[PDB]
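Working notes for the structure below.
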Amino acid sequence: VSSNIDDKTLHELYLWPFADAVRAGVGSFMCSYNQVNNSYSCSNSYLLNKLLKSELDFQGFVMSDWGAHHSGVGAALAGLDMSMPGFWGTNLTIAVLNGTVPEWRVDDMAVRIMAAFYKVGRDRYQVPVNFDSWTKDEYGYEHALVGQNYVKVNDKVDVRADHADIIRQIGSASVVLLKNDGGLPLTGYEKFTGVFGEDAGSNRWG
Amino acid sequence: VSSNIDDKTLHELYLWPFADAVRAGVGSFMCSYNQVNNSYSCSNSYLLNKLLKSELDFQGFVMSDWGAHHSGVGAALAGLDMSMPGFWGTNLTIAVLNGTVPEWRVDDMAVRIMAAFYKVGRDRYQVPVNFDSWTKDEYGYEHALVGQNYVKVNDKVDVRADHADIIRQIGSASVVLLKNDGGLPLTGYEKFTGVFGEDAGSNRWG
Amino acid sequence: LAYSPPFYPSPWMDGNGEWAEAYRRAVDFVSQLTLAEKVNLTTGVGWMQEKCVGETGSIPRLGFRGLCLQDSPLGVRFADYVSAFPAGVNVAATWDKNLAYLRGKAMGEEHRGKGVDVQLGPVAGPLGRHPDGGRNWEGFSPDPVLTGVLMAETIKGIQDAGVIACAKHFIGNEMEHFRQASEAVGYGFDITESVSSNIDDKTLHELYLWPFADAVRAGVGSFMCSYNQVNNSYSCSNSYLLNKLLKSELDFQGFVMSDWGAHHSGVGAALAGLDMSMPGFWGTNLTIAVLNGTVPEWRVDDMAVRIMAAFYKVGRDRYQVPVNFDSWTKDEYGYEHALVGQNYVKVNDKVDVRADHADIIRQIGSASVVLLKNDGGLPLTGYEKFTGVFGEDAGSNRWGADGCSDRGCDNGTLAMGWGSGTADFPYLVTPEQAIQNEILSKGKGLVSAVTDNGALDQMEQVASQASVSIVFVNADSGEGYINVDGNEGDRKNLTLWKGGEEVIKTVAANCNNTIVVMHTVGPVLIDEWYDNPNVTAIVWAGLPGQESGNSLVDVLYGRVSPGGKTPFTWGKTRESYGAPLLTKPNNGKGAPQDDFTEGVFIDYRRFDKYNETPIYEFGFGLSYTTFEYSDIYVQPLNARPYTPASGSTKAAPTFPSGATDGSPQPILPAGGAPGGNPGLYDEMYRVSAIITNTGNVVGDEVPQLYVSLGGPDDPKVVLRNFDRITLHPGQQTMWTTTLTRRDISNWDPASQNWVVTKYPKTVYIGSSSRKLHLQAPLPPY
Ligand SMILES: OC[C@H]1NC[C@H](O)[C@@H](O)[C@@H]1O
Ligand SMILES: OC[C@H]1NC[C@H](O)[C@@H](O)[C@@H]1O
Ligand SMILES: OC[C@H]1NC[C@H](O)[C@@H](O)[C@@H]1O
Ligand SMILES: [Mg+2]
Ligand SMILES: [Mg+2]
Ligand SMILES: [Mg+2]
Ligand SMILES: [Mg+2]
Ligand SMILES: [Mg+2]
C-alpha cells in the first residue's frame, strides 16, 4: 500500500514525534514496509535524505524493516544504511568498486552505525549474547569447519531485577477513571464481591 | 436394590460404626433407600427394632431418607419415627384411633424426637430459621389467610466466624504423601515453577 | 381477580342424531357394570405404568381391556415402524380440506394398526394468540375458521379410520409459560398455581371456542381440558367451561379427559364436567363419593356411558387389536409382575403400519410450501451449472433423525417441533440429499452443501461461484417441559436460529440468485433481508415430516406449482403482533394473570385494526402462474328465521348448588344440538365468483371469502370460507360457497345467543386478507 500524505500533513502530524526522537538523540531509525507517495519508505529519497537526514538532520543509522522492499543498491543512495534481516553485501561491494555507489556513501553508512554504537556506550556495556531467540533449549548443535559443535545457546540470565515495581506503578498510573457515581474506591470489606468476564481470568494455555 | 448381608457381616463391618454413633449419643438416625434382605430399611423391623433399638439400644429417633419407601403406617410399627420429606399424618392418626398403631407407639415416636431436641439443648440454642433453601433472594411472596405477604426469607447471617482456619488445617492434615524421591518439600525459591492440569485452575462458571 | 361463575348440574348425554346408536350400545354395556368397573373407565392407571401414554382401568369380567391413549397430533408417538407426518401448521398452509382429511385417515390407520384407542389430537388450543407461543405449530392457524375447518376434517379422517380423536387443549392454553407450577418452579419462578387466561364471553365465542364447536359438530369422541386456568378456575374443574359451554351450548356428547396431571378439585371435577382423570386415589375417592352421595349415581353412569359411546361411535368394538408396541422401550420383550413372581412377555411386535403413507406426507409437504417472493428465482431446472446449498437446516441431525428426545433440539433440518406433539421419523430426507439427487439425476452440474452456519468463509467461497444459492434457515419451539437454548417451550424471540440471518446476508452478498427456504414453527422477523434484491425467491416450508427434502424439491424444480398461503401474518416487528408473552409472574406467588384484552384482534385482525402493513399478510401466497377474479354474485336464500332453542332435557338416568340435581333441565337458547343451535348452520347467502388461470402452467389457487360484520368493534374482515382449486392455463371455474347464520353473527352476552346485528355486512372474495379483489353487500332480509 502507498500512504499518500501531503507535505503539510507530514510535518504537522506524522513527522512531529519522529523529530522529537531525533532531538532526543535516538541512535537508529527503521523505515517502514509501506510506500509513501508511491516510493517504498526504505528507498524513498525524499523521506530519508530530505526529511530525516536534511531537515531533521538525523546523525544515526537507518535500518530496513524485516524484508522491507527497496531498490537494492539504490536504497543506499536514497538514505538506507542497514539491510535487515539480510546479496546486499555482494551488490554493495560491487557497486563501490564500479563507482555506482561512492566511497563516501558506504563510509557514511559505517560511521553512522558505529556512531550510534559509541553514543550509547556499547563499547562499555556490551556483553556476549546470552540467550537464543529461536529456542529455549540450553544447548544446541552448530556447524563447524569440521563436523559440528554442541554449544551453550541459553544462559538463562535473570535480568528482571526489581522491574516488577515500575511495571505495577505504570499499571496503576495508566488506569483511567471514565465514570464514577459512587462506585469506587472499594474497601475490601464488601460482603459479596462478584468478578465477571473471561478478561478477569487466566490464559488456560499458560 | 436389596443389599443381602448376613448377620455376622452386619455386626463385624457395617453396623460397627453406627454402634459407635449410638454410643456417642447421636440424636437421630436416617434409614436408607435400599432394602436389606428384601425389606426396605425404613420398614425393616429386624434392622430398626432389633439391631438399632434393642441390641444397640438407641434412644433417639429414626427419620426416613427423602421419599424412602416404607409400608406407610406399617413403618411406624417396624421402628420408623419420622417420615421425610412428607397422608402419613392422617393415616397415622386414623391408625391410632383404629388401634392398628398403639398409643404407646406414637407417644414413643414423639418422645424420641423431643428427647433428641433436649439432649443437645435445642431449647436453649434454637433461633428462627434465617435462610431459605430454595432461593438466595432476600424477599419472597407467601400465601396468607387474606391474599399474600412479601416476607424476608434470607437474613444473610454470616456464621463463618473463623472456621476458615480449621478448614485450612484439616486440608493440610489430610494431605497424604505417597511418594517422595527428593521432590518435596519445595522452597518457593525455585527458578521456574510449572503448574499443570485443569485441577489446578478455577471453575470458569464460578 | 377475574371470576368463573358456576354452572350445575353436569349435563348428561342425549344420545340423539349421529350419537343415537353409540349411546344405545354404551347404555347396554354400562348397564352390566358394577360401580367399581364404571369408575375404572374414568381412572388412569398411573404415569408409565402400562404401554400407552395413558391407559384406563380394564373390565376383565367382560373381556374389556383398558383404553390405550397415545400421542400425537402428527403421528403415533414413541412406537417404531410409524410415519412422521407434517405438523398441523403445515396442514393450515395447504388450505386444503381434502389433504387434512387424508392425513387424519392415515394417522388413524397407523394408530389403529398399533392398537391405539384414542389419538391425543388434533389441536385447536393453542389457536395462536402469540406468534411466539411454543405449541402453535401443533395446531393450525390463529384464524378460528381455517383452524376449525381443518380441525374438523382431521377428526373425521381419524375417526373414519376407527380411532377416537381428542380435541385439545380446552381452553386458553395460548402459551407454555406458567402452564403448570411445578414446571415454572423448575425454571426458577416462584408460583404455586398455573396462569389464568382471563377471557370474556364474547372473545371466547367469537375466537377460541369457535374451532372447538367445529370439532364437536364433526363428531369428535373426546376432549382434553388444559393445564391453565380460565378466569381463575382450572379448565378441568371449570363448570362454566365444561358444563355450560362444552356440554350445554355446544352439546358435546363425548367424554372429557384431563391433561396429564392437570389440576382439578378431585371428586369436585367430576361434578364440574370432567369424565376421565389422566394419567391417574381418584378411583377410591370417586367410589366413596358415589356411596356417600356427594357424587350422584347418574353422574358416574354418565361418565361411563360418555366413554363407551365414543368407543362405539368409531367402531372400536370392530377395529380394536392388542396394543402391540411399548411407549417406554424399544425392547422386544420385558418383565411384568404377576400375582406370584414375574412373567416374561412380548412388549414390541414391530408392526409396520406405514403402508403408503409416505406419499400423502410428500404431497402435503409440497402443498404446504408457501412462495412468499419470486423475482425470477423459481422454478429451478436441475441443469444449473453450479448449485450451492447453505445452512445447517439443509443437513442431517448428526445424532440420527431421532437422536433428540421428543425432538428437543435444532440439529440439522427442522421437520418437526419438540415435546409431546411428536413421532419418530422412520427416516428423514434432508434438503441436502434431495437437492444433490435432483442435480445428479439431471444436468449433473456442480453441487456443494455448506451446512455449518459458522463456516461463513466457505459460504462466501461457494456462493461466489454458484448459478443459484439455496439457503436454509429455521426457528424451533415446543412444549414447556423442554428448554432449548433459553426457549422454555415459548420462543424468547422471533429471530432465525443459529445465526440464520447472517447466513442469508453472507450468501446474498456473493450470489445475486439466492433462494431462501424457511423451516419455522411460526413467523420470524425478516425485515432486514426479504427485500434484498439478491434474494430472488423466498418460501416457507414449515415442519414437513419425513419426506421434507423430496416434497421441497418437487416445488423448487417445478413438478408442483406452490399453492400454499401463509396461515399467519409476517409482520415488521414483534410489536406488530401486539403485547408480549407474559413471562414474568404478576400475582406474586399466586396464579399469574393473563388478560386477553385484545379480544378477537389477534394476527391479521390486529394488523388490520391498527392499519399496519404486513410484510406478508394472512392468506398470501404466490404461484408459478397467475389468477384473475371476476363476477362476484350474492344470492339471498331466505332461510327460516332463527329460533332460540327451548324445552327440557330428560331426567338424568341410571344404568355447590345444582351439582346433584338429576331433574330435567332447560335447554340453553344457543344450544340444542352438537355444535350449537342447528339454526346457526342455516345457509343465509350463496356467494359466487369466477377464478381464471391467466398464466402458462397448471397451478392451485386458494380463493378466500371474508366478511365485514360492519360494527365499530368488529374486525375489518374475518375469513369465513376458502377452497383449493387446480386450474390449467386459460381454465375458468365458478367458486360457489354459502354463508351460515353463524358466519354473519356476533355473540351477545346479554341474551346468551348469536345475533345478526343491524350493521350492513359486506362480503369479499380475493387471494389474501389484503388482496380483496371482489366485494358485494349482503342485502338484509
Ligand atoms: O521482528 C522484527 C520486525 N518484524 C517486522 C515488524 O514490523 C517490526 O516492528 C519488527 O521489529
Ligand atoms: O437432601 C436430603 C436427603 N436426600 C437424599 C440423600 O440420600 C440424603 O443423604 C439427603 O440427606
Ligand atoms: O403426553 C401426554 C400429554 N402431556 C401433556 C401435553 O400438554 C398433552 O398435549 C399430551 O397429550
Ligand atoms: Mg547535516
Ligand atoms: Mg432399651
Ligand atoms: Mg412397562
Ligand atoms: Mg392408508
Ligand atoms: Mg344435551
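Below, chains carry the letters A, B, ... as their sequence lines are ordered, and counting in each starts from 1. When a ligand or atom number is given, it counts from 1 through the structure's own listing order. Not the full deposit; the contacts listed refer only to the portion displayed. Just the heavy atoms: all of them, side chains too, but no hydrogens, waters or symmetry mates, feed the values below. So how was this one determined? The header says X-ray crystallography, 2.2 Å.
For ligand 3, the chief contact partner in this model is given in the PDB entry as beta-glucosidase. At ligand 3 one finds the drug 1-deoxynojirimycin. For 1-deoxynojirimycin (ligand 3), the other chains with a heavy atom below 4.0 Å are labelled C. Counting heavy atoms under 4.0 Å, the binding site of 1-deoxynojirimycin (ligand 3) comprises C:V53, C:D71, C:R77, C:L120, C:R135, C:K168, C:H169, C:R179, C:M224, C:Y227, C:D259, C:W260, C:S420, C:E479.
Distances between N or O atoms of C:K168 and those of 1-deoxynojirimycin (ligand 3) include at least one value under 3.5 Å.
Ranking protein heavy atoms by distance to atom 5 (C) of 1-deoxynojirimycin (ligand 3), first place goes to C:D259 OD1, 3.0 Å. Ranking the protein heavy atoms by distance from atom 11 (O) of 1-deoxynojirimycin (ligand 3) puts C:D71 OD1, 2.6 Å first. Of all the atoms in 1-deoxynojirimycin (ligand 3), the ones that sit under 4.0 Å from a non-hydrogen atom of C:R135 are 6 (C), 7 (O), 8 (C), 9 (O).
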